[PDB]
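So the structure is just underneath, and the comments pick up after that.
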There are 2 protein chains.
Amino acid sequence: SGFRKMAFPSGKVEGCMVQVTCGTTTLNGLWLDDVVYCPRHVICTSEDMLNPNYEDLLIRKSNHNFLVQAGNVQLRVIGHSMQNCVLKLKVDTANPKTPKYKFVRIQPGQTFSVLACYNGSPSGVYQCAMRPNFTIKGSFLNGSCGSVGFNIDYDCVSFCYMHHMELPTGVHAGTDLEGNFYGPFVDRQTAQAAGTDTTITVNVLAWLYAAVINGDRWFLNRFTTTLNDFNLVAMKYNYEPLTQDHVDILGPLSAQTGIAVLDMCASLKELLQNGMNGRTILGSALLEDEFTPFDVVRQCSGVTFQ
Amino acid sequence: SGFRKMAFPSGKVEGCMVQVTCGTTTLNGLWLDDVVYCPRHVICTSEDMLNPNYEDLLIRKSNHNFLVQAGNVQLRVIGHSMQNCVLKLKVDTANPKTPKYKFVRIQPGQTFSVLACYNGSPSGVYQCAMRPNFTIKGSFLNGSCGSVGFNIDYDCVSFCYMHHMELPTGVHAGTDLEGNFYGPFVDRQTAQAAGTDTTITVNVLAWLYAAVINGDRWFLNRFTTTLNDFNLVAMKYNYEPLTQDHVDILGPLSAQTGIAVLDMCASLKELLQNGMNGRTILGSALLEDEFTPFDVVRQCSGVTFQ
Ligand SMILES: O=C(C[S@@](=O)C(c1ccccc1)c1ccccc1)NO
Ligand SMILES: O=C(C[S@@](=O)C(c1ccccc1)c1ccccc1)NO
């Protein structure tokens, strides 16, 4: 029993982190097979980031200008190319620690773990969600660019995020491993604001199910509701609209607990309308939305990875 | 910027986890050099745990009764012994993945990372604190015993916790790596209740400093206080008494922010007396106490580990 914000074990990713230096700029890269992946703004100076022409700036760079260091060992760069907003650096040595992996572009509302790194070295691991406005609420300081976000299924690491920017509001933006930004953000130091940070309704419901499984049930009530009725409340409180697809994904948690999805929606509705009256739910005084239904099942059942 | 509940990278510990089976009981062990460490209640059945005599139950066990498996490979047990509440199983092969490590017994209020494992396999990582009542609020299911808690300093893993029990209230108890329980708990299925769960005042203050560094400053006020005056409030709200030693440890955070420790105590005092009026602090609607001053400095500065 107990429910915690849990990250995947990070070892398989730790073995992939390297340091990339171009000129006077140093950030992190991801070494998979004989390719190192990193943000293309490694080639920029602080002056450049105001209005960079990446294609023009890359013309002045050759293989030997990209210094790649894995732990204490230097890797030989034998080719380089730009794909969207990442660079791919071909090296002469396949990473012997390459895990089974894939590249995935995730949807808003999905969660992943982040290995924060500096100078190619791991600093910490934590769990995040892709917000509905395509930012993430992370913990990133200067030099953390190139750190990546990932999920694991048994033995396969699914890389879904590479860190690129910090917006002026303190939230974070980045790309998939093909270099396409999440959301409308660009790798330019300009005026880009985040949209509304709406709450991920299906994740809150899954967390309420997690609560019930662990003994926190004071919020269960005598009511039920319908999807349309609940969604009128969701709109008022800047919650994502709940669909039948969401109801279907919560089916297994409904089955294990015996609480119909729409009955749990009626509990959530009362919590949004009345607040929590100074009580807590799984140690939290607000409604948590960065656990997916899969996350809840996984933690409440003890799935492992070899 | 941003502040997250962050765990240490777990790879160095992942490489130490093994599976231990005695009879029909399977839990996790920790393989360091040529010794595997695990809870002594691996030798018990469910019937035994009501009133076990561990010395008598061990007499019926020989080296070949302890089955130790690291990944897919079986380890040869060539000796075994009991130390307090852990067993030490000598094996014929030193773990090649043994990190630099030490065994440490931590104090209440100190934080550590937990690698939850099942059947010797890692499941997830999260951050915990040793509570003032010597429990931890974890996430542990059946089969998680032997999972361990640890800190890392550059290249040295300091093991401080091994998981042994779940109390009837859902909180968790366990030992250091010498097998001595934290607090008054015993490896018996009897009536053991936790004491008062007091809040770790020095950690809350450090987290308020973290908040200020990241732009959340609405709770700063015009007041100051004294240690004795603040502690009258701490007592009322079941907070740990604040000492000069605590004030001294917060010195560096005081210096970086320019906010005197006693001024931050006066902010905390108003927050305890008035609540947060529906606002949040670093994404939380209550006062977080599982970040130490060291944790705050580390995350706000980007310390790494090689
Ligand atoms: O190297 C860093 C600083 S980077 O965030 C920042 C940047 C600054 C100088 C050179 C390259 C990039 C930037 C600016 C605009 C848009 C995205 C990123 N972190 O690791
Ligand atoms: O094997 C497990 C179950 S264990 O928690 C439980 C126990 C049950 C059967 C055999 C050994 C131990 C126990 C009971 C009383 C005090 C501490 C622990 N988890 O990994």
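Each chain is given a letter, A onward, matching its sequence line's place in the list. Since chain A takes its numbers from the PDB entry, the residues it shows come out as 1-306. By the PDB entry numbering, chain B shows 1-306, in order. Just so you know, ligand 1 is whichever comes first in the structure, and atom 1 is the first atom listed for that ligand.
Looking at ligand 1, one finds the drug adrafinil.
In the deposited model, the macromolecule with the most close contacts to adrafinil (ligand 1) is named by UniProt as 3C-like proteinase nsp5. The letters of other chains with a heavy atom under 4.0 Å from adrafinil (ligand 1) are A. For atom 19 (N) of adrafinil (ligand 1), the nearest non-hydrogen atom of the protein is A/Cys145 SG, 3.0 Å. For atom 14 (C) of adrafinil (ligand 1), the nearest protein heavy atom lies closer than 4.0 Å. When only non-hydrogen protein atoms are considered, atom 12 (C) of adrafinil (ligand 1) lies nearest to A/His41 ND1, 3.1 Å. The UniProt domain of chain A that supplies most contacts to adrafinil (ligand 1) is Peptidase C30. Looking only at heavy atoms of the protein, atom 17 (C) of adrafinil (ligand 1) is closest to A/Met165 CG, 3.2 Å.
Interface atoms of adrafinil (ligand 1) facing A/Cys44, defined by a heavy-atom separation under 4.0 Å, are 10 (C). Residue A/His164 approaches adrafinil (ligand 1) through these ligand atoms, each under 4.0 Å from one of its heavy atoms: 5 (O), 17 (C), 18 (C). Closest to atom 7 (C) of adrafinil (ligand 1) by heavy atom, among A/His172, A/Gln189, A/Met49, is A/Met49. Per-residue contacts place A/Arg188 under 4.0 angstrom from the following atoms of adrafinil (ligand 1) (heavy atoms of the residue considered): 15 (C), 16 (C). Heavy atoms of A/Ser144 found under 4.0 angstrom from adrafinil (ligand 1) belong exclusively to the backbone. Covalent bond for adrafinil (ligand 1) in this entry: none. Inside a radius of 4.0 Å around adrafinil (ligand 1), no other ligands or ions are present. With the cut-off at 4.0 Å and only heavy atoms counted, the binding site of adrafinil (ligand 1) comes to A/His41, A/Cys44, A/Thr45, A/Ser46, A/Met49, A/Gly143, A/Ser144, A/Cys145, A/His164, A/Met165, A/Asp187, A/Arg188, A/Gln189.
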